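Bound complex of Hepatocyte growth factor receptor and crizotinib.
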Amino acid sequence: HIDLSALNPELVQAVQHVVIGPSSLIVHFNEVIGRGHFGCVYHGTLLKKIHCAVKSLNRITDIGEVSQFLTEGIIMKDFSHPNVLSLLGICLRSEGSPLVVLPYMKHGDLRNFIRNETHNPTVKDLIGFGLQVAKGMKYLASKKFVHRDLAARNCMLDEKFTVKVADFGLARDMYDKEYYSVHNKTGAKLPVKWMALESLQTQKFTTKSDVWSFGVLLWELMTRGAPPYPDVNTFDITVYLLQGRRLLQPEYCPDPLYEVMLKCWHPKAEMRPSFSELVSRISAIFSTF
Ligand SMILES: C[C@@H](Oc1cc(-c2cnn(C3CCNCC3)c2)cnc1N)c1c(Cl)ccc(F)c1Cl
């Protein structure tokens, strides 16, 4: 049970650009495809029948939470890139929290996809995916949008095997709680093993800290979904990194790709490549395959 007139009126305007009428949407509450802190994700169809993922915000009880979340996430509607997850719309209803409607990604997240033993993606496949992520990160960077949680678990694969950078905006949530820790300066749950050393030190996230995360993401690809720093405690990641230590070369990571990875983790944020640079670099590496 959530009210409409209780929100900032400018936000209600923005949301109404992308409103879905309950009549247009069927949600299958028996078909859970994800569980987040804010709510579950379900199979749904938007009618002309589009298969979608429906994110419930029903664990957000309070209106001040909903407003803040919608305010921060609504910018998602003004993004359009084939390597960025789009927003189909927000279904507002008279009783219950707003439902966030997204395109259904048939192959789920990149991490579970590449970990599936029947899939056995080749080095070429894996580099391909990585290049697709860099392209969507390039777009977001150009919009001055800082992701804050770039990771393989947060990039989706559609039915055409197009990678969509996700878990941002109205989709934002922790869908794998194993990888978020309160052992950081902010005190709140953060993906510490994906975060730039400076972000751990200063609490600030930037496009250049997203590049650091992209480096970790590439490493996840080449390892086919191994968890980074398995013997480093969340208590220790900052000092591990301060000591100049880094994720080691995956067995089937080509040397130029590891080189790229090391550049992404340069202690000096100004020294790391742009996503523009990363696209060119990985594209050339891709082309050797
Ligand atoms: C909000 C939710 O969105 C989707 C999940 C899924 C999804 C999850 N799993 N699967 C299937 C593939 C593997 N086996 C279970 C079903 C599809 C598809 N499309 C989505 N838009 C989501 C989840 Cl659950 C996890 C990470 C994300 F970045 C996002 Cl954005």
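Numbers in chain A come straight from the PDB entry, and the residues shown are 1052-1098, 1103-1344, in order. Any value given below was found using the heavy atoms of this structure, including those in side chains, with hydrogens, waters and symmetry copies removed. Atoms within a ligand are numbered from 1 in the order they appear, just like the ligands themselves.
Lab note - all copies counted, crizotinib located at ligand 1. The residue-level binding site of crizotinib (ligand 1) (heavy-atom cut-off 4.0 Å) is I1084, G1085, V1092, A1108, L1140, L1157, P1158, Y1159, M1160, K1161, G1163, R1208, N1209, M1211, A1221, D1222, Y1230. Those atoms of crizotinib (ligand 1) that come under 4.0 Å of a heavy atom in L1157, given as number and element, are 1 (C), 21 (N). Distances below 4.0 Å separate heavy atoms of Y1159 from the following atoms of crizotinib (ligand 1): 10 (N), 11 (C), 16 (C), 17 (C), 18 (C), 19 (N). Near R1208, meaning under 4.0 Å from one of its heavy atoms, crizotinib (ligand 1) places the atoms 26 (C). When the UniProt ATP-binding residues of chain A are filtered for a heavy atom under 4.0 Å from crizotinib (ligand 1), what remains is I1084, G1085, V1092.
Taking every non-hydrogen atom of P1158 and a distance limit under 4.0 Å, the qualifying atoms of crizotinib (ligand 1) come out as 19 (N), 20 (C), 21 (N). Looking at the UniProt active-site residues in chain A, the one nearest to crizotinib (ligand 1) by heavy-atom distance, rounded to 1 Å, is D1204, 8 Å. Nearest to atom 9 (N) of crizotinib (ligand 1) among the protein's heavy atoms is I1084 O, 3.7 Å. For crizotinib (ligand 1) and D1222, the ligand atoms under 4.0 Å from any heavy atom of the residue are 28 (F), 30 (Cl). Protein heavy atom at the shortest distance from atom 5 (C) of crizotinib (ligand 1) is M1211 CE, 3.4 Å. When distances from atom 15 (C) of crizotinib (ligand 1) to the protein are checked, no heavy atom turns up under 4.0 Å. Nearest to atom 20 (C) of crizotinib (ligand 1) among the protein's heavy atoms is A1108 CB, 3.3 Å. The contact region for crizotinib (ligand 1) on chain A lies mostly in UniProt domain Protein kinase. If you check which protein heavy atom lies closest to atom 19 (N) of crizotinib (ligand 1), you get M1160 N, 2.9 Å. Counting protein heavy atoms only, atom 13 (C) of crizotinib (ligand 1) is closest to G1163 CA, 4.5 Å.
When hydrogens are left out, the protein atom nearest atom 1 (C) of crizotinib (ligand 1) is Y1230 OH, 3.5 Å; that is the closest non-hydrogen contact.
Below 3.5 Å of separation, one finds no N or O of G1085 facing any N or O of crizotinib (ligand 1).
Atom 30 (Cl) of crizotinib (ligand 1) has as its closest protein heavy atom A1221 CB, 3.6 Å.
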List of N/O pairs, crizotinib (ligand 1) versus protein, all under 3.5 Å?
{"from": "crizotinib (ligand 1)", "atom 1": "19 (N)", "to": "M1160", "atom 2": "N", "distance (Å)": "2.9"}
{"from": "crizotinib (ligand 1)", "atom 1": "21 (N)", "to": "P1158", "atom 2": "O", "distance (Å)": "3.1"}

